Structures are given as C-alpha cells and as structure tokens.
Amino acid sequence: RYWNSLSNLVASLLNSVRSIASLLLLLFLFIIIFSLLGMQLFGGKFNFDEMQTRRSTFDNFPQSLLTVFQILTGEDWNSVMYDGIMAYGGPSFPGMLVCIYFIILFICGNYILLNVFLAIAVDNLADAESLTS
Amino acid sequence: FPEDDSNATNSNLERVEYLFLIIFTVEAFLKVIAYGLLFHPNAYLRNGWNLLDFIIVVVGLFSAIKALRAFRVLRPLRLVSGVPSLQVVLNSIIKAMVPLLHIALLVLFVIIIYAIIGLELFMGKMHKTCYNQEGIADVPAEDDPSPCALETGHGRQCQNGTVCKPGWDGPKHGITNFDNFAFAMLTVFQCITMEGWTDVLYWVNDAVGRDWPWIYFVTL
Amino acid sequence: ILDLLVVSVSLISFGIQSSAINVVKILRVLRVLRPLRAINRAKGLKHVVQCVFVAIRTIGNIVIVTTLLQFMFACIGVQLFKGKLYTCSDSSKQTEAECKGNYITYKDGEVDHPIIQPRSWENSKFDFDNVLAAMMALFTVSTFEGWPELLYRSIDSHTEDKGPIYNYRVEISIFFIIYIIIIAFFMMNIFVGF
Amino acid sequence: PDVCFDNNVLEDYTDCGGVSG
Amino acid sequence: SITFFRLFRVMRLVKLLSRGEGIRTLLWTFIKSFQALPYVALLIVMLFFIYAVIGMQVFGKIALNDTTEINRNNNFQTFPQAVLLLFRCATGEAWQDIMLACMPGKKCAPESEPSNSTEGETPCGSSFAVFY
Amino acid sequence: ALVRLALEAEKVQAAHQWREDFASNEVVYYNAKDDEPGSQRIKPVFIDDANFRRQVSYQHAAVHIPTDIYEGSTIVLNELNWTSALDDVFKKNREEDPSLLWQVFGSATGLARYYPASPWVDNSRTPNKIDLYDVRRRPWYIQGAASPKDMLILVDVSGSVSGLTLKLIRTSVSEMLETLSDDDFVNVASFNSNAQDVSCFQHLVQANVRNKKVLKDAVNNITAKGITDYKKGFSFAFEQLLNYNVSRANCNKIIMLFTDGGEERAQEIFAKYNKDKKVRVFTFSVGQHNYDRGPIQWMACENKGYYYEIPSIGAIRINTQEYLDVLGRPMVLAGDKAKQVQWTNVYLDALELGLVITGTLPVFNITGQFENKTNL
Ligand SMILES: CCCCCCCCCCCCCCCCC(=O)OC[C@H](COP(=O)(O)OCCN)OC(=O)CCCCCCCCCCC
Ligand SMILES: CCCCCCCCCCCC(=O)OC[C@@H](COP(=O)(O)OCCN)OC(=O)CCCCCCCCCCC
Ligand SMILES: CC(C)CCC[C@@H](C)[C@H]1CC[C@H]2[C@@H]3CC=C4C[C@@H](O)CC[C@]4(C)[C@H]3CC[C@]12C
Ligand SMILES: NCC1(CC(=O)O)CCCCC1
Ligand SMILES: [Ca+2]
Ligand SMILES: [Ca+2]
Ligand SMILES: [Ca+2]
Ligand code: NA
C-alpha cells in the first residue's frame, strides 16, 4: 500500500459491501430456497445406474448447496439436467416437465447475479465523482 | 432416503411439523379475525393463507393413509415479507427487469425460429450405431455413424464388421435430438447458452457431415 | 523486421538441423501488421489502437491487486493441499510403496469380466504442490471450467502421501467458494471500470 | 465330525476391525 | 437432395418481427451501430488469424485419436479447423483439457514426413503450449 | 508325510530373523506362471514324467503368487526367505515314497509353494484366461483353517441400500456362500421393518451344491424397500440358531451381517440372546456412503467378531474370506491336540490330474514359545 491511488476506491468498496449485504443475503436466501426445493424434489433418486455414484447429487443439504452453486455458475448443468430427467423414468410427457426447474434455476437466479454486478457500477460512480473532489 | 427410510430423526421433524402447523394456523386465524375484510388485498397474506391451507390438505391426506411437501420449501420466502427494508430491493429488481420484455421476446422468437430450422434440417438422422452382432456396439455407442453408406461421408462404418443398423434410441439417452418439437427447442436452448454445444455439433457432423451444420451452430 | 523476412526467404542450411524450419518460420507470422502500418495514416488507426492502449493502461492497479490476491490464494492452497492430491489406480491402496503391481478391474461392472491392469501412482492432474504451480489451477477454477472435478478431488484428501477417502473433510469446499466469490467481485468490477 | 474347537477363554479377541482402523 | 427452398417458409415468421414497435426500433438502432464495428471486428479477426496460423505451425503433426481432445472434428492443421478450435476455446469448452493434450510427451500420427515415425521423439512437444 | 512337513515348517519359521534389506541380498527361487529388485529367477530343465501328465523337475519347488499380490513386497520376500527350507524335506518325502503326488504349502499371505516344480496352467492364452487362482479359497485350505460352522447370513434389504450397494451385497453374499462346504449349515434371511427368510428353506440346510444354488438364485432376486429395523432382524437370526429340531453342526454359531450403516446398537437384543458370548457376530459395511459406522463396529467388537469394509468389487474376493482367521483362534490355543489329518471331498485337480483327495494339516506360529512374550 505504498501508493494511495485506491484509497477512495477501497473505502467505497467497504461501504458498498456494508450496503449490499442485503443483496448478498437475498441471494443466499434464494440459493437456500432452491437447494431445499431440489433436495425435496429429487433427493436420493440419482442411483439408477449400478456403475458409479455421482458426486453431484441432492442427498444432503451441503451437497444440494454445492450442486446448486455449480448450476448457478453454469459449469456442466446439462449433465445434472440429464440425470434429473432420467430419475423420473425417461424422455416422456410426464417425465420431462421437471427440467423446467433447471431452466428457472439457470435464468432468474442468474439474472439476480447480473444485478449484483450492477451495484458495482454505482460504487465506481462514487469514486470517479470523488476524483475531482 | 431412496425408498422410504428413516433414522429416528425424520420422525421427530414430522412430529414437530404438527406443532409448526398449529402455530401458523392459530396465527392466521387471529390475524384474519382481527382484519376481517382486509386480509385479501395484501399479496403476502394470501400467499401465507395458501401455504397454510395447502399444508392442512397435505397433512390430512397423509393421515388418511407425497411430493406436496415441496410446498413447504415456499415457507422461507415469508421471511422476506417479515423483515422490512428488504422488499424494496425486490421491488427495485422487478422494476429493473420490467424493460427487458422486448429483449426476452426477441430471444424467444430467435429460439423458436432456430428450433424450426433444426426440425426441418434434422428429423431422425441421429438413430444409428456401429452395432456388431445384435443391437450392441463395441464402442461406447455415443458415436453417430454414416446413414448406411450414403452421400454423406462421415462416420464411416468401416471397422471390419460394423453396420448402420437404424435401431438406436439416440445420443445421450435420446434426450438431445431434433426430432419432435420440445426436444429441438430444448437442444437449441442448450446450445444457445454455450454449454456442451460442441458435442452436439460433433454428433451432427458424424450424422450428416462437416460441410453444413457448422454455419448453423456458429450463427446461433 | 522485413530484413528478418529476408532470412526466411533465403534457403538457410546451417549446422543446426532446425534451420529455417521453426526457429524463424514462426517469427514470419508478422505479415498482417504491415497493412496496419500502411493504414496507420487515418483509416482505422487514428483512434482504434489509441483507445485500446489507453484502456489497457487505465486499468493497472485493479489487475495488479487481482494478481496479488491470486498469489495469496495460491499460497493458501499450497499450505492446504501440498501433497494430499494423489491417488492410485485401484483406490484400495494408500501408500505409494504398495501400489507397484497389477490389479483386476471388471470393465464397467456386472462381474465375470476380469481385466488385469498395472497399478500406477498419479497426481490429481492440476498439481497443488509448488507456489509456481497451483496458480494455473486457480486460474482454471476462476474460468468456470472443470472446477467441480478439482473440488470433489480436493474435498476428500487427507494426510500427506496417502490416497483419498469418500467424503473426508467436506467443509474445506467452502474455501473454493470464497475464492470464486472474490474473483467475481473483481471480474464484475473490471468491466465496470471500462 | 465330533471334534469342534471354539470358545476358548484365553482368546484375546481385543483386535476387532473397528477400534483399530 | 435439394431441400434449401423449404427453409424459406419459416422465414415468413420474421414478418411478425415487423409488427412490434419498440423491438423494431431497438434492433434498427443496434444494427445501425456499424460505424466503429468494422475496425474492432477486423482487429478480432486478425487476432484469430495470427493465433490460428501460429498454432497450426507449432501444434502440427496431427494425431487422429479419440478421447484425447484431438479428433477428426478437433484438428490443428487445417485453417478452418484451427479457427473452429480457437472459437471453441474462446467459448470456454474444456480448453484446459486441450492444453493438457499438447504436452512434451504426446505421441502423434506419422502422417507427416516421418511416415514410419523413425525419430524416437514424439513430434508434438510444444513445451510452451500452456502459455499459448 | 504331512506331519513331517508341518513339523519342519514350524521349526524353521520359529527361528527366523525379520529383515528389510532385500535390495542388497536377493531371494533366489523359480516362479511359475512366468514367461524386479530383490528376487532372482531360476530356469529349470523340465523333464517329462509318466505319473504327472506334464513336464516336471525334481530339483526345486515352484511358487505360485496370485495376480493381485506383488512379489516385491517385504512380506512376500520374507515368506520366500523362510519357506526356502521346505525343499529338502520335500525331496526326502518324495525319496521315501516315489509314488508321491503333489506336495503343497499354502501360506496365509497368498503364495503357494508346491513340489515338484511345474509351470502353471493356461488354455491357449485366450482373452478369458486370467489366473484368478487363490490358494486361500481352495476347499482343502478352508477345511483345515477352521472347523464347521452354523453360519446365518443376515442381509439388509432396506430402501437405503438400493443401487450399486445392493449389487455389491448380492455379489458378496454369493462369494461368501462359495466358501462353505458340506459340513457347514447355512440359511439366508433379510429384514426391512420385518425379518423373513429369502427362500423356501425356513431353517438351516446342509449347504451342498443344490442348496447353495437355490440360495444364490433366491438372493439374486431381492429388492430394496422400507425402513431398517436391526432388532427384529437380530431376533430372527438368534431364533433360527436355537432350533435343534433339525440337522445341524453345533460347532460355530456365527451371524454375518451385510449392511451399510446406521445409528442403532440394540444392546437389549444382545444382552437377551447371548450374555455368554456363545455366538460370534461379523459385520460388513458395503458400498461407498456417508452413514455412521460406529454401532456396526461396536457390534463387531462386543461379540467375539470382526468388522469389514467392502467399497468395490475388487475387495469382495479378499474381504469375504478373512473370517477364517477369527474362527481359528481356539484351534491355535488348543494347539497340539488340533494336529489331526483331514481328508476332503473328491474334486478335479487344478493342474489337470483327474479326481483327487487332499490331506490337510495346519501349521502354527510358535516364535518365542520358550519365553512366552508376545502371544498376540
Ligand atoms: C425449452 C424451452 C426454453 C425456453 C427459454 C425461455 C428464455 C426467456 C429469457 C431468455 C434468456 C436467454 C439467456 C441467454 C444468455 C445465457 C449465457 O450467455 O450464458 C453463458 C455466459 C458465459 O459467461 P462465462 O464467464 O464463461 O460463465 C458464466 C459466468 N457468469 O454466462 C452469462 O453471461 C450469463 C448471462 C444470462 C443472462 C439472462 C438474463 C435473462 C433476463 C430476462 C428475464 C425476464
Ligand atoms: C412449487 C412446485 C410445485 C410442486 C410440484 C408438485 C406437484 C406434483 C409433482 C409430483 C407429482 C406426483 O404425483 O409425482 C409422481 C412422480 C412419481 O412417479 P415416478 O417418480 O415417475 O416413478 C419412478 C419410476 N421409476 O413422477 C411422475 O410420475 C411425474 C411427475 C410430474 C410433475 C413434476 C414436474 C416438476 C415441477 C417443476 C416445478 C418447478
Ligand atoms: C522436480 C520438481 C519437484 C520441481 C523442482 C522443484 C520446485 C518445486 C521448486 C524449485 C525452485 C523453486 C522456485 C524458486 C524461487 C521462486 C521465486 C519465488 O518468488 C516464487 C516461487 C519460486 C518460483 C519457486 C517455486 C518452486 C520451485 C520451482
Ligand atoms: N491340489 C492342489 C493344487 C490345485 C488345487 O488347489 O486344487 C495347487 C497346488 C499344487 C497342486 C495342485
Ligand atoms: Ca458457461
Ligand atoms: Ca462448460
Ligand atoms: Ca438402512
Ligand atoms: Na471328509
């Protein structure tokens, strides 16, 4: 920290965190709700194949949270969707609607994540305007 | 648990479910008696009333003798209603989401058009495998061989005793294919999010060739 | 640089066998910058290249502090997973001194199909031992590519030179989560700066 | 057969498979 | 063997886009943003061109193989295939596996001048490939 | 011949110094099923003999080491080092009676040293010709490693076991049944909130080929459903072991539980049906899961039993034949009066010799016998 070209920026970051703790807790609550819904809806139905236990399941609560976080990050959600579809039998009229869940989990929550980035913009609006003093 | 198990801990939670239900029911009854003809306009009050009548119905059905317990997952949302200075955040989020209707509609039109294009271009050309003797392929079978040695020159069945054998369920588990309409739309949605579209492109290339589908995929 | 192209045109045959093959034929790719130099007078250089250079210069401290946090997290991960990420083929052996033979694997299952394969002691692809390493691993994690595999590989590691358990030390995963959030807090920040 | 060997009182049997790991 | 004309039919649905008003002007003004677009597009395609050329120069000696991230549909010698590989890497499709597939010890096909692989050393070293 | 071999083996093993310096000094031996540091191989002459219908040599004893056992470990090296003294007594035995057939010592470490030396068996090197031979599972070894038993396999078929673990349980039960013989009696039960037999027997049976086939076919058709209840299952298992109205063996009443995990110890059932620890309880935790394994180990340790883990198909072969070490403690403690030669059933020799019967005599470990130090 021998330079002080980020002091106002660091203070703005701290104040922004203290202000958007509400957004962070709302995102955490959304993740908790969707994790509980996934655990209740799927649960221990991901053992149809007698080959190897899949790591991404909905058995426990921390495991459900990890799976929901992985889906929210967008990394390899198609495999989880395929497993969920195959849990309810296979590709058919009653056994395919469950994927709707995944779709919501990939859109609405992701939108929320994007809105978080928006707050950062306002934070930098508090820095550039403070540049001219 | 997989098939109706317990470890003496779930039973206690089921028992305390009755206590929670009774507390919520008496709270709702006292609130509606106090308000009278005023419990209706507020949306969160109606949501809570719906939750309580639904849990009453499901507990009665359980006592008569399953998935309706998923509605219990809607209970934590009421917490957001309980704490102030948080609903304003949701209102602001909704207001910010409002002017995205045009973009959402344009995305919907584009995905519908691409689904129709995929349906027209591909109907059932992804149901063949290099079966060896009887419906079984030595390879993991996810490959899409040539349509029985036709104009398309990809996925040649030249593995010393492999035939097209058009009797396959399809790639993956018959889920990612352009037959029907829901399957095609789901595949287009999967490709438009930039997750696993390369595998779909490779499967289509093995099915029909590498001189056509790439334009469709890159445009999408 | 055109002079260098001349040495690429001439048939160079020196004592080194790789003469005019890869030492200089990879430096001759600088032929697309000549149109840029020619059109440097107005055209698409008066403000295109200038704006890019100004933008890349104006970021600075954000990139350097992101790199510093990357180094700190790499050091923390090295102190956490220094040699734990190792395994053998059959997964039934723990020390490296005992996995030096052959073992039976039953294809995919269903028994009655034995397959004899040698035992090998292997690291977890993305190494975490040295601080010079374990930074590309965190870079891959921050790009949201293959990070679940590393997460489930590093969750169940223990001791120093032993194989994994099924779900030993589940809580350590939170570490990764924190890192991801921090990276997000900068990845969305940089865009904002632009 | 008639000869059976079991339940000797001098057996240690303190080494099960659980408490030792 | 010719079915390109039927694809015209669905194009009639594009007429429905003209019915809207806000969407129409939004797309009209966004497509009108082609003033500074050509220069940035030329810069991006130049970067893709140079990277594809240098990659096909260093990551030559193609190895036709399966389950190794380098297959018939994923090659590194033909220019369109190299551009497709770079596009896939930019989109973020298991690029780290592609990087691991290019390591000093990587046996590669004898399709090049060493038709019998009479060299001892695998012609796919690329010691700096990670950086690339 | 058997008595002399056993005496010499015990005497040689008693006076042996443990070591780990096999790099400098190597053990020289001829290995079968062949064609590393610390081992030297021997090239025999392999003359042709009329008694054995193959080629044998009368100058050294061949050694068979199973595939999963690496011949470079220190335990195997010590085994070869101290067993290299049996060749002289083998030669003396064959000199006494030239009509002698195979002589063999099967170790508890996996390797079997037999005389005369002859290459192992192979059938045209077909892909389905992997050598899965293990001397510790041969009936002539099991019949001398312990005494007849009254095993009752108790299988968990609750809903929480469906999937890979149920298949592992079925395979483990089949492999466990493969270890029994005609002198042993067995029955298979299951429990999920209710304990019942798995087949038509309803009580202990002589466990011959037909009965074992019936039990295997019945256990390969079970499904997982319902809650778990260890108390009823253990009550059923103890009740079926107190019949005495049928033919039995009355030698080793053991209960072999196959489950995954739980939180129930059921102290009342054990304090009700065996206060005097007359019934051993062996416990198996099968599959990869996250359930508690504490009460399972407590059940294994309170009763004079053992606890095992079977996480994959690879461990089924070894983790189902280890209960014969626990059942052999009273025989070792009895000692001298347990040195009786036993003759087994009629079976086909694995080295293509026809129909043979094998004599059997166990060998005890007597290191530090004159000082009474370890006894563990
Ligand atoms: C089968 C029926 C399908 C029906 C679908 C109906 C959809 C209606 C709304 C359209 C939403 C389409 C979204 C397409 C963009 C997804 C995307 O592009 O995903 C890859 C990209 C790579 O980035 P990367 O760093 O590599 O990894 C991730 C690190 N975050 O991730 C992102 O940018 C996420 C952007 C999501 C924006 C969605 C906003 C919707 C608002 C409308 C609500 C009314
Ligand atoms: C707030 C969300 C509302 C909760 C939804 C609850 C409604 C009822 C759903 C379950 C319906 C039911 O009675 O359950 C039948 C099961 C059991 O039979 P299977 O499990 O198929 O048998 C295995 C064979 N080996 O499934 C089916 O039949 C089809 C279920 C279709 C509805 C699910 C759609 C998901 C909703 C997405 C919400 C976001
Ligand atoms: C043979 C294998 C184990 C590699 C050889 C040893 C490795 C682990 C050692 C040898 C020299 C070490 C480097 C020596 C100096 C520095 C400078 C320091 O500011 C950052 C770490 C860094 C860059 C070290 C990283 C670890 C390193 C590369
Ligand atoms: N009779 C025992 C054999 C085969 C068997 O185990 O049945 C092994 C040792 C050497 C002789 C043959
Ligand atoms: Ca993505
Ligand atoms: Ca991806
Ligand atoms: Ca259970
Ligand atoms: Na007998």
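Letters A, B, ... are given to chains in the order of the sequence lines, protein chains preceding strands, and every chain is numbered from 1. Values reported hereafter were calculated over all heavy atoms of this structure, with side chains retained and with hydrogens, waters and symmetry mates removed. Counting convention: from 1, in listed order, for ligands and their atoms alike. Only a slice of the deposited entry appears, and the contacts counted are all within that slice.
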Let me know which of acifran, gabapentin, phenacetin you see at ligand 4, thanks! gabapentin
What name does UniProt give to the macromolecule most in contact with gabapentin? Voltage-dependent calcium channel subunit alpha-2/delta-1
Item to check | Other-chain heavy-atom contacts under 4.0 Å with gabapentin | outcome: F
Quiz prompt | Heavy-atom contacts of gabapentin within 4.0 Å | solution = F:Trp102, F:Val104, F:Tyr114, F:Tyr133, F:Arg138, F:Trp140, F:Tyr347, F:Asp349, F:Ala350
Margin query: Hey, could you tell me which residue and atom have a covalent bond to gabapentin? Or is it none?
Written below: none
